Novice: 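Supplied in structure tokens, the structure appears directly below.
Order of the sequence lines fixes the chain letters, A, B, ..., with proteins taken first and strands second; residue numbering starts at 1 for each chain. Start at 1 and go down the list; that is how both ligands and their atoms are numbered. The figures that follow rest on heavy atoms only: side chains count, while hydrogens, waters and symmetry mates do not.
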Protein chains: 4
Amino acid sequence: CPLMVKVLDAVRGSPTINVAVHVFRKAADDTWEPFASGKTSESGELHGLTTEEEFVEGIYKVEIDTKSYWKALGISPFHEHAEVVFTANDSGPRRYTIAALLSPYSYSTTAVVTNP
Amino acid sequence: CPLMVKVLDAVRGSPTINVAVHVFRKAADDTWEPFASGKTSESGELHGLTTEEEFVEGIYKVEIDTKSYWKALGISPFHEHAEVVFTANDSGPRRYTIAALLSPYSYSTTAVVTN
Amino acid sequence: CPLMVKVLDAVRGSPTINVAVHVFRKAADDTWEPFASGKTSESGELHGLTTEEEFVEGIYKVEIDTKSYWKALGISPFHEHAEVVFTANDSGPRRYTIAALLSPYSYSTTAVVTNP
Amino acid sequence: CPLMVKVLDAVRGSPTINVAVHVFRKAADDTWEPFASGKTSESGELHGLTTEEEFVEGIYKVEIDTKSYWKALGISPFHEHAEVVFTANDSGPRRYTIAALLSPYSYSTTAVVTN
Ligand SMILES: N[C@@H](Cc1cc(I)c(Oc2cc(I)c(O)c(I)c2)c(I)c1)C(=O)O
Ligand SMILES: N[C@@H](Cc1cc(I)c(Oc2cc(I)c(O)c(I)c2)c(I)c1)C(=O)O
């Protein structure tokens, strides 16, 4: 589990359940190639996106579909998504947790990076 | 204005208007002595709390009554307030802006400290 | 485990290890009475502060000693501490996770509240 | 000024000065068309990006080059940038301030949307 995503709702104080998460990797030609995707569980976590073999060094993009989340709660939010773009594994393999904290007009994202 | 308070609402994307702010200074006996207070304006800002002459080095607390704000909006909040406690003018006099970003179950606070 | 505290360093992208956490409960006479204390583990978590029996409804204060943390890293931070003050268990027992995200001149705190 | 960008540094407690900001509008083919850009001022603010006449409804991206900022300071950052993507003027024309608070491993962004 080299890559995990954790998402929290700052309005309700609760994990964010069934939120779509897409991950992309920058290709040689500088386009984004689909890398992996999934939905958060009831703990607001998404595990198992990738493997140590698959998760090589590169620039990755994680886009969390915060708009669908807010809309399903009856709220028209400001952002289309929360996005995190980062260089991974450039000094060797690491483990990455991407945490996002969501409000209708604000979000924050944090990375927790550990050495396996 | 040595000390500036700016508050925003992360749910509505708006400044937080008319929220109470109390400033305390730590007294010798280690209790909080009320120092200054007011209400945020329509721009979410509270100016004129203190003066250069009055705002000496020491430890200060800024308490924002976030719970009354969420209560006015009909949204159940987690915190009783947001309080920011800091040592002032350690390296000399500066202009301080205490910014706070509010959500019902979360807040963040940031100090912007300039010349 | 009705009360857990989790603390992250936003400069280093890492859990915050050995940070002191004090919890107080407001007494009938409106003073703060020491309730519990501990230090974060290497996962930046502090478990076992209290029990369901002990953790009755009241107004609680969690103060995290962020100043000592930053100072031990050679940084002179803005805040004396990060504090969270909240009413607990007023609609029945809940489980509370208090997460704090720390930078030298900023912090955020979030509560995740679940129904056991 | 329909669109305002303000950036702060949570490590130093300061506005972030001279960081590059690029604004894009989503084109019909769904690629990002560069729209406006500049550098934040000494107050960390970028004004004058667009005008009322030019800033029509649509989907916009604001990209803040946070990685060059941390690089100038000698601090290893996590993100390549901070990017904020939003639908504009859904309910009509408004004044938008995109605020961002930066740390090496974390950022937050907030929209303040007024009359
Ligand atoms: N894991 C805990 C809850 C929890 C863990 C983390 I790690 C976390 O991380 C952040 C990220 C950002 I971005 C913030 O602004 C803040 I404050 C905390 C948050 I939130 C909540 C549990 O449910 O048991
Ligand atoms: N003057 C304008 C814009 C403004 C917003 C913030 I907000 C701010 O400070 C913060 C603090 C935190 I804490 C954040 O997470 C973020 I994102 C921005 C400052 I200086 C300026 C207004 O507020 O209308």
Novice: Which bound partner of ligand 1 is the main one by contact count, according to UniProt?
Specialist: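 It is most in contact with Transthyretin.
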Novice: What drug do PDB records list at ligand 1?
Specialist: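 The name is L-thyroxine.
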Novice: I'd love to know which other chains sit under 4.0 Å from L-thyroxine (ligand 1), counting non-hydrogen atoms.
Specialist: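 Those with a heavy atom under 4.0 Å: A, C.
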Novice: Just go through A/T109, A/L102, C/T97 and tell me whose heavy atom is the nearest to atom 24 (O) of L-thyroxine (ligand 1).
Specialist: C/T97
Novice: In chain C, which residues that UniProt lists for L-thyroxine binding have any heavy atom less than 4.0 Å from L-thyroxine (ligand 1)?
Specialist: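 Going by heavy atoms, UniProt's L-thyroxine residues within reach: C/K6, C/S108.
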Novice: How does C/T110 reach L-thyroxine (ligand 1), if at all, at less than 4.0 Å between non-hydrogen atoms: by side chain, backbone, both, or neither?
Specialist: both
Novice: Side chain, backbone, both or neither: which applies to A/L8 and L-thyroxine (ligand 1) if a contact is any heavy-atom pair less than 4.0 Å apart?
Specialist: side chain
Novice: What is the organism of origin for chain C, per the PDB?
Specialist: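 Per the PDB, the source organism is Homo sapiens.
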Novice: Tell me which protein heavy atom sits closest to atom 18 (C) of L-thyroxine (ligand 1), plus the residue, atom name and distance to 0.1 Å.
Specialist: C/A99 CB, 3.9 Å
Novice: Where is the nearest protein heavy atom to atom 14 (C) of L-thyroxine (ligand 1): which residue, which atom, and how far?
Specialist: C/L101 CD2, 3.7 Å
Novice: I want to know if L-thyroxine (ligand 1) touches C/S108 in the polar sense, i.e. an N/O pair below 3.5 angstrom.
Specialist: yes
Novice: Hey, looking at atom 4 (C) of L-thyroxine (ligand 1), which of A/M4, A/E45, A/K6 has the closest heavy atom?
Specialist: A/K6
Novice: If you draw a 4.0 Å sphere around every atom of L-thyroxine (ligand 1), which residues of other chains have a heavy atom inside it?
Specialist: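 Going by non-hydrogen atoms, it's A/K6, A/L8, A/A99, A/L101, A/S108, A/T109, A/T110, C/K6, C/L8, C/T97, C/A99, C/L101, C/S108, C/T109, C/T110, C/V112.
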